[PDB]
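Order of the sequence lines fixes the chain letters, A, B, ..., with proteins taken first and strands second; residue numbering starts at 1 for each chain. A restricted portion of the entry is shown here, and the contact count covers that portion and nothing more. Per the header of the entry, the method used was electron microscopy, 3.3 Å.
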Amino acid sequence: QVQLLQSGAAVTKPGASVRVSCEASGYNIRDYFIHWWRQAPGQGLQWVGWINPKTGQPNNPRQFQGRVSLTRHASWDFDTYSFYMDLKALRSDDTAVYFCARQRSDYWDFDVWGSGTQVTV
Amino acid sequence: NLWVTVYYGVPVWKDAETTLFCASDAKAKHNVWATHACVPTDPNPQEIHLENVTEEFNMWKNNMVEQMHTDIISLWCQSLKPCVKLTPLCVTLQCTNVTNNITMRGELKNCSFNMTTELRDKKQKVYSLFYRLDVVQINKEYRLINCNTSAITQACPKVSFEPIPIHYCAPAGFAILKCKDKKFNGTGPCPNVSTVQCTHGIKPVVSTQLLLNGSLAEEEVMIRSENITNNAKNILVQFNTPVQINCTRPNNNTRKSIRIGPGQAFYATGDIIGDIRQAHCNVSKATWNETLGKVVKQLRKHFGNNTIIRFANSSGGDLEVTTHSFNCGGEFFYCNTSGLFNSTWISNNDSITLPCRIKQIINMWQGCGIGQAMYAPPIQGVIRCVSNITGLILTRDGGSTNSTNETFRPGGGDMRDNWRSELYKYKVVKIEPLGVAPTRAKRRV
Amino acid sequence: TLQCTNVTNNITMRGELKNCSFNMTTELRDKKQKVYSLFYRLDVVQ
Amino acid sequence: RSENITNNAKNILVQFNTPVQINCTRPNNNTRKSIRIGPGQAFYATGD
Amino acid sequence: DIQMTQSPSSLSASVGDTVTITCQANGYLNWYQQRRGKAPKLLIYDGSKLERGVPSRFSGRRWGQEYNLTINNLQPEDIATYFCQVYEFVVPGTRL
Amino acid sequence: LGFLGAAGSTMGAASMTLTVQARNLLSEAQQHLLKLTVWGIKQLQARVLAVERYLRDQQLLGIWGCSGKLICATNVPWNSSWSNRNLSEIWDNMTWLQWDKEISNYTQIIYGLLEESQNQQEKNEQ
Amino acid sequence: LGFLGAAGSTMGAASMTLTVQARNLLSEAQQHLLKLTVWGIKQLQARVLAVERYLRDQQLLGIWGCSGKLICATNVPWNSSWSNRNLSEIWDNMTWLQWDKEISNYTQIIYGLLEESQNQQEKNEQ
Amino acid sequence: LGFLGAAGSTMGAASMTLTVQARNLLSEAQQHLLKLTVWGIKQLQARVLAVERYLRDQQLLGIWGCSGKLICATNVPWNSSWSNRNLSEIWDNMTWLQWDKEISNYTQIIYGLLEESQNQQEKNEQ
Ligand SMILES: *[C@@H]1O[C@H](CO)[C@@H](O[C@@H]2O[C@H](CO)[C@@H](O[C@@H]3O[C@H](CO[C@H]4O[C@H](CO)[C@@H](O)[C@H](O)[C@@H]4O)[C@@H](O)[C@H](O[C@H]4O[C@H](CO)[C@@H](O)[C@H](O)[C@@H]4O[C@H]4O[C@H](CO)[C@@H](O)[C@H](O)[C@@H]4O)[C@@H]3O)[C@H](O)[C@H]2NC(C)=O)[C@H](O)[C@H]1NC(C)=O
Ligand SMILES: *[C@@H]1O[C@H](CO)[C@@H](O[C@@H]2O[C@H](CO)[C@@H](O[C@@H]3O[C@H](CO[C@H]4O[C@H](CO)[C@@H](O)[C@H](O)[C@@H]4O)[C@@H](O)[C@H](O[C@H]4O[C@H](CO)[C@@H](O)[C@H](O)[C@@H]4O)[C@@H]3O)[C@H](O)[C@H]2NC(C)=O)[C@H](O)[C@H]1NC(C)=O
Ligand SMILES: *[C@@H]1O[C@H](CO)[C@@H](O[C@@H]2O[C@H](CO)[C@@H](O[C@@H]3O[C@H](CO[C@H]4O[C@H](CO)[C@@H](O)[C@H](O)[C@@H]4O)[C@@H](O)[C@H](O)[C@@H]3O)[C@H](O)[C@H]2NC(C)=O)[C@H](O)[C@H]1NC(C)=O
Ligand SMILES: *[C@@H]1O[C@H](CO)[C@@H](O[C@@H]2O[C@H](CO)[C@@H](O)[C@H](O)[C@H]2NC(C)=O)[C@H](O)[C@H]1NC(C)=O
Ligand SMILES: *[C@@H]1O[C@H](CO)[C@@H](O[C@@H]2O[C@H](CO)[C@@H](O)[C@H](O)[C@H]2NC(C)=O)[C@H](O)[C@H]1NC(C)=O
Ligand SMILES: *[C@@H]1O[C@H](CO)[C@@H](O[C@@H]2O[C@H](CO)[C@@H](O)[C@H](O)[C@H]2NC(C)=O)[C@H](O)[C@H]1NC(C)=O
Ligand SMILES: *[C@@H]1O[C@H](CO)[C@@H](O[C@@H]2O[C@H](CO)[C@@H](O)[C@H](O)[C@H]2NC(C)=O)[C@H](O)[C@H]1NC(C)=O
Ligand SMILES: *[C@@H]1O[C@H](CO)[C@@H](O[C@@H]2O[C@H](CO)[C@@H](O)[C@H](O)[C@H]2NC(C)=O)[C@H](O)[C@H]1NC(C)=O
Ligand SMILES: *[C@@H]1O[C@H](CO)[C@@H](O[C@@H]2O[C@H](CO)[C@@H](O)[C@H](O)[C@H]2NC(C)=O)[C@H](O)[C@H]1NC(C)=O
Ligand SMILES: *[C@@H]1O[C@H](CO)[C@@H](O)[C@H](O)[C@H]1NC(C)=O
Ligand SMILES: *[C@@H]1O[C@H](CO)[C@@H](O)[C@H](O)[C@H]1NC(C)=O
Ligand SMILES: *[C@@H]1O[C@H](CO)[C@@H](O)[C@H](O)[C@H]1NC(C)=O
Ligand SMILES: *[C@@H]1O[C@H](CO)[C@@H](O)[C@H](O)[C@H]1NC(C)=O
Ligand SMILES: *[C@@H]1O[C@H](CO)[C@@H](O)[C@H](O)[C@H]1NC(C)=O
Ligand SMILES: *[C@@H]1O[C@H](CO)[C@@H](O)[C@H](O)[C@H]1NC(C)=O
Ligand SMILES: *[C@@H]1O[C@H](CO)[C@@H](O)[C@H](O)[C@H]1NC(C)=O
Ligand SMILES: *[C@@H]1O[C@H](CO)[C@@H](O)[C@H](O)[C@H]1NC(C)=O
Ligand SMILES: *[C@@H]1O[C@H](CO)[C@@H](O)[C@H](O)[C@H]1NC(C)=O
Ligand SMILES: *[C@@H]1O[C@H](CO)[C@@H](O)[C@H](O)[C@H]1NC(C)=O
Ligand SMILES: *[C@@H]1O[C@H](CO)[C@@H](O)[C@H](O)[C@H]1NC(C)=O
Ligand SMILES: *[C@@H]1O[C@H](CO)[C@@H](O)[C@H](O)[C@H]1NC(C)=O
Ligand SMILES: *[C@@H]1O[C@H](CO)[C@@H](O)[C@H](O)[C@H]1NC(C)=O
Ligand SMILES: *[C@@H]1O[C@H](CO)[C@@H](O)[C@H](O)[C@H]1NC(C)=O
Ligand SMILES: *[C@@H]1O[C@H](CO)[C@@H](O)[C@H](O)[C@H]1NC(C)=O
Ligand SMILES: *[C@@H]1O[C@H](CO)[C@@H](O)[C@H](O)[C@H]1NC(C)=O
Ligand SMILES: *[C@@H]1O[C@H](CO)[C@@H](O)[C@H](O)[C@H]1NC(C)=O
Ligand SMILES: *[C@@H]1O[C@H](CO)[C@@H](O)[C@H](O)[C@H]1NC(C)=O
Ligand SMILES: *[C@@H]1O[C@H](CO)[C@@H](O)[C@H](O)[C@H]1NC(C)=O
Ligand SMILES: *[C@@H]1O[C@H](CO)[C@@H](O)[C@H](O)[C@H]1NC(C)=O
């Protein structure tokens, strides 16, 4: 039942803005953080940041400040959410696939992931 | 030969979780925290010092903060029930501007609407002043802020919002151990522990970024956190010297009464007698650099000696967690703190004016269980508060592993961290008075 | 008051479900919406 | 089991020793739509 | 500070043996299995604790600052990429 | 000294002050008539639990035959397998806190031997 | 055996296991804050009634002089008008269930003679 | 006679009837489910307070060594500074009501000497 829906792929130009969605349905969303991961073709994973679903406060590394803006949206009955990820100005080396993890406990257990959204520039 | 003897009343305790009760002070009227059913405290507290004992305390797992978090919600949400609910306030409004000379032009709105009369066959055309944060545009022709997810009830006018100190006293058979060790972080043993009947004055102050009216340290600035390595944990800072902050709302507001039903009144906002000004807060710039200069000295103990510690403003979220929010004089403030946390610390009479905003429709504690919000009535007159800044709530940015650069941004939202800074030195135990020991005595037959 | 029509076209049960439309209150209490819903025959009377 | 077999106004209670399986269903695939009838109050109607 | 090392860069052992990959790191450490173009899947967390849904042929243990992942009774559907994961630091894992 | 003041003192010194730890085991409005459930039932449930926890300890003293006494001498021989320590190093070197950790592994065997000794003794003299 | 396990055994055998019947006489949410009255007061009233029913029995043992003892020997002579049965047929043939039905007609006279014997005895020695 | 019937009698006559004052220290609807708070909590709080007030008196008798006895002889000498009256004019002329007013100035000194005598006596014989 615990699933994280993933949005479709998108092709843009260098300088545009993208948006990747993530919908959590079958668990208690407000008690578990939602992280974002990105891996380039040929390399390993790379951390993008987390967002508190209760408050909305994001976190991002120094190499991503000013570009990525993590935003969540809750429904009226608070059973499903919509986690977004908007990039301000995509570079040429941003052609990668983005995931939607879920922190379970303090050991950072990402048990459930997303299907993945690959974007190119 | 040795024989076992039974001793009753031995000083042996064990860790347990019980339901502590409240204890208020002497009454020399009403408030949202029910400080009238609490038992009166003793005029002098009995603090028995315990020698030759090294009790192990444990922050971030105490049940006293988990119980106080439930007791505040069970009192904030149980006082909005009996008095008036503003369910006919979701009619369509006709809002015009107030300020003529544009520059903020657009903060206040002069909205007029059709309200129900006490005779439910006629209607009156009344007007009121609303802030920009309480109105949205439908497609002029505004409405209230949500009117779709919450049932707006009025905050009750007779009760007060003043946080008065309360105590948490243990029942019979239980004891509270207070750690008096100065160089003591959250988790660790405490070789200087005494017992109390109950704690000191804990004021239930609601704030997000700056801990107002709290308990100070003794010698140096203490930095407490569950784990410094985990960046998802909010770093709690406690000051040793107070930083005075002067917040005000210079708009001289008037309160008019509108009868919306039989025996039900709605306190609107009439004209503003005087100048249209903006609420703000002031801190001493010489004291703020002196206070922030001590936190950067204590932060370098958990990190490198020659690292660059930066301070940036908030990254986002709702208005509660990105701005310093409090309850000065009954009105809710939301202060922009981009002037405080704007520095960069390389290793080796003027005041800072913080622009704030006023909100009247407040949703707290996840809608009080179902959907309920709160509408604070306007306070007549000029409001001015003088409080202390006795700590911050920071959040380190992750991913930084080279260049020796760590940036700290203010956070909050989780109201439990406001009471972690007060109930960190206490722990409830359970007395086990039964004990056996060998003795050379015998039962006389 | 409702405005209920039938659902099943081919009569034989024809008359178990009712397609009723009515005026419901909007969240702004000065306008009204015309919504519709399905009700059973045991929940409606003429 | 019964309170009195002679009194016909008492309901006779029977208890089986083997179970009789019953399969009940509602094959109508219904949809649920939400109708906001007030501030923070929803009414779950029946769509198509 | 977090320090990472990944010495088994590449190995192509056969089926039926017992292979082990190690990585030295301080703090909590989770193990993930990632296929080609698919989402990673958590196998074990906290070094040795097993996740529900993972078959019992996976096991791990720690001693100081050395975490091991024991792979016994290899399968034709158990050839993927494995990496150990500290909070925000993920090293590029190795393929079988 | 006071309540729990002899927690760090030795077992020989803390046994003389048992009376200070045994005594502390027993001690216009209709608009918010539902608000008195908080600290009206939480306080009431804390008083009932203190009585039931006190009556369970007084019942075990009545079963062992030590009802009304704080220092009770029993008729059970002390087994050497529980603690092979001298009498001089128990009441003069150890305290009551760390003594509980040494007997908690065997604290249920001693509680059964004290019960088995009183009903045996009550059976002879009747 | 267990709780009430000697109900069918004789009175001589059930008196050796009195300790198993005397020990068992003492043992996100604000939307439905009124719903906790059910099983929050019904459970609380059941705990207070168990304490008051236990203190009434311990008070009668204190009046008769049998405080803290399960088998208490009194100083009242057994009248032959209550039951003219031998001692061998009471503890070896009868059980505690049917013995209560034979003395319940006279169970208030014996409760008065035990009270009248202790206050008389306390008056002599003082 | 009855409850508090010997309040006007002398202290020698009221001490023989102490059992009558010690026994009396322990004795379609969902529309108004909130109405049972009145006389459902007020009556419940009156029953818990009667138990705690009874256990405080039985605890002081256990500390002094007079558990289960109504007339207890202690081992503390009577100081002549408290009341310089003969024994014949106390039990035959005075009653218990006006006797309390003469000792209430010194009623806390006697309560401390009885506590200091039992723990001293328990220390010798162990
Ligand atoms: C950290 O801690 C500090 C101090 O510990 C705290 O600061 C204080 O804030 C409170 C709340 O705003 C201040 O209290 C008030 O004072 C004002 C002004 O008062 C003085 O002047 C009056 C009149 O001359 C004197 O009598 C008095 O002794 C003072 O000298 C009062 O106006 C306030 O009163 C009203 O509001 C209450 C509700 O909050 C009502 O219950 C009360 O009855 C008063 O209402 C009445 O008067 C109105 C006047 O127009 C009238 O319209 C109403 O109908 C009604 O009749 C209140 O007493 C206090 O002074 C501050 N302390 C200092 C040193 O400045 C911080 O707030 C705290 N930090 C946080 C975050 O909470
Ligand atoms: C934490 O600290 C940072 C940096 O100190 C603050 O950042 C700035 O945030 C403000 C508020 O959003 C930004 O201001 C505005 O920019 C929006 C987007 O920008 C274009 O214009 C700006 C210059 O204003 C350029 O820098 C930028 O590259 C874009 O070309 C505008 O849409 C906004 O317009 C609004 O104002 C006009 C009136 O001027 C109205 O008519 C509009 O309707 C609209 O309301 C506005 O101009 C600013 O650009 C940010 N700077 C940087 C460097 O990022 C954070 O705000 C602060 N956070 C908190 C919580 O205090
Ligand atoms: C919290 O406070 C912050 C500052 O205290 C706020 O940040 C600011 O956002 C406002 C917009 O709302 C900016 O205002 C304008 O500035 C631009 C650019 O000014 C630049 O260039 C001219 C000419 O060289 C120079 O004179 C100016 O000083 C500027 O350097 C103007 O074009 C606009 O007309 C307007 O004046 C602030 O500049 C900006 N401050 C900083 C330090 O970046 C922040 O928005 C506040 N938070 C919230 C939620 O509102
Ligand atoms: C209740 O009404 C508000 C007012 O429009 C809705 O809020 C906004 O949602 C839209 C759609 O995503 C955004 O474009 C606006 O910017 C939002 N406004 C604000 C102030 O954030 C809200 O979504 C409605 N509630 C529900 C459950 O739909
Ligand atoms: C209060 O209600 C009255 C009607 O009872 C509103 O008046 C009418 O508004 C419509 C809107 O276009 C006009 O066409 C009519 O000419 C108005 N009639 C009168 C007599 O004024 C009135 O607008 C309502 N008030 C508000 C603030 O909306
Ligand atoms: C808000 O708008 C109302 C009009 O709806 C203003 O009320 C008028 O005030 C002026 C000046 O005092 C009077 O001359 C008019 O007779 C008033 N009209 C009514 C219908 O009351 C009100 O002053 C405005 N408020 C502000 C702060 O500008
Ligand atoms: C802010 O901090 C100052 C100093 O820590 C507080 O001032 C003291 O008040 C207490 C009791 O009112 C006195 O015992 C101290 O002697 C005072 N200190 C000095 C230096 O005078 C002040 O009360 C704090 N403000 C608030 C609102 O708590
Ligand atoms: C909802 O209310 C509207 C009026 O506000 C109803 O509309 C009218 O119904 C009467 C009934 O005979 C007609 O004469 C009018 O011509 C109708 N006016 C319009 C503009 O349609 C409407 O019928 C109500 N809805 C239901 C389901 O009864
Ligand atoms: C119940 O009646 C409503 C009309 O009031 C039907 O709604 C229409 O459905 C058709 C077919 O999908 C659309 O072409 C129309 O545009 C709809 N009209 C409106 C006003 O919504 C509805 O389909 C009926 N339900 C059933 C089960 O027959
Ligand atoms: C009020 O002021 C704002 C900003 O100055 C403007 O956008 C709006 O159109 C004004 N409304 C009216 C009615 O003048
Ligand atoms: C901080 O807490 C840790 C927890 O293990 C403890 O070991 C340490 O002594 C404490 N103090 C300092 C200064 O690190
Ligand atoms: C314990 O703390 C008190 C007050 O802080 C201090 O007076 C005392 O010297 C301390 N004792 C030790 C052993 O640190
Ligand atoms: C606010 O306005 C009222 C109304 O005239 C006035 O009495 C009061 O003095 C004003 N407030 C101040 C601080 O001057
Ligand atoms: C705050 O106000 C008080 C008096 O109201 C004053 O003594 C103090 O200097 C002020 N502080 C600042 C930082 O303005
Ligand atoms: C803070 O003020 C002091 C005043 O001496 C100054 O030395 C220091 O550089 C200031 N800090 C920053 C970050 O500007
Ligand atoms: C933040 O600090 C920089 C560096 O001194 C300064 O230029 C800028 O004006 C500051 N911003 C605010 C809002 O104080
Ligand atoms: C619906 O069907 C019933 C029975 O077939 C019939 O009596 C009724 O008139 C029908 N109503 C409509 C609106 O066709
Ligand atoms: C009922 O209808 C929904 C809407 O298309 C569909 O997803 C679902 O599979 C249907 N139920 C069954 C049992 O086919
Ligand atoms: C881990 O495996 C390596 C070989 O792959 C072995 O040398 C080492 O001893 C193992 N460590 C542990 C703790 O099992
Ligand atoms: C912080 O977490 C690490 C594991 O990631 C653990 O070794 C350490 O003990 C933790 N620190 C505290 C104070 O719990
Ligand atoms: C603590 O120990 C010292 C020496 O071991 C002793 O003199 C002192 O009395 C002890 N403290 C207490 C309260 O007994
Ligand atoms: C002491 O305990 C041991 C182990 O349970 C047992 O064998 C021995 O008989 C006990 N001693 C006595 C005197 O019963
Ligand atoms: C008794 O058991 C406890 C918990 O199982 C253990 O901590 C303790 O060491 C044991 N006692 C001995 C003497 O080993
Ligand atoms: C029941 O009675 C039989 C014979 O009278 C006896 O042997 C048996 O022990 C009794 N049962 C119990 C539980 O005492
Ligand atoms: C036994 O009871 C009878 C009847 O009440 C009475 O007459 C007789 O005196 C009693 N026996 C003794 C010894 O008192
Ligand atoms: C005592 O009275 C009860 C009830 O009145 C009766 O059942 C019983 O038989 C009587 N006892 C005798 C010995 O008759
Ligand atoms: C009252 O006093 C008189 C004489 O002093 C005495 O005879 C009588 O018995 C007393 N009343 C009671 C109830 O003792
Ligand atoms: C009687 O009390 C006086 C005054 O307190 C005291 O001096 C005297 O020693 C006491 N008598 C005895 C025997 O202790
Ligand atoms: C004892 O004190 C009380 C109240 O202070 C007073 O009424 C009484 O007379 C005093 N006793 C003596 C003997 O003076």
Chains A and E drug: 3BNC117
Main binding partner of 3BNC117 (chains A and E), per the PDB entry: Envelope glycoprotein gp120
Heavy-atom contacts under 4.5 Å with 3BNC117 (chains A and E), by chain: B, D
Chain of 3BNC117 (chains A and E) leading in non-hydrogen atom pairs with chain B, under 4.5 Å: chain A
Recorded source of chain B in the PDB: Human immunodeficiency virus 1
Residues of chain B contacting 3BNC117 (chains A and E), heavy-atom distance under 4.5 Å: B:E226, B:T229, B:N230, B:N231, B:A232, B:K233, B:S315, B:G316, B:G317, B:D318, B:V321, B:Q366, B:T395, B:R396, B:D397, B:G398, B:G399, B:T401, B:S403, B:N405, B:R409, B:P410, B:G411, B:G412, B:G413
Heavy-atom contacts of 3BNC117 (chains A and E) with chain B, cut-off 4.5 Å: A:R30, A:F33, A:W47, A:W50, A:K54, A:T55, A:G56, A:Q57, A:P58, A:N59, A:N60, A:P61, A:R62, A:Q65, A:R72, A:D106, A:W108, E:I2, E:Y87, E:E88, E:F89
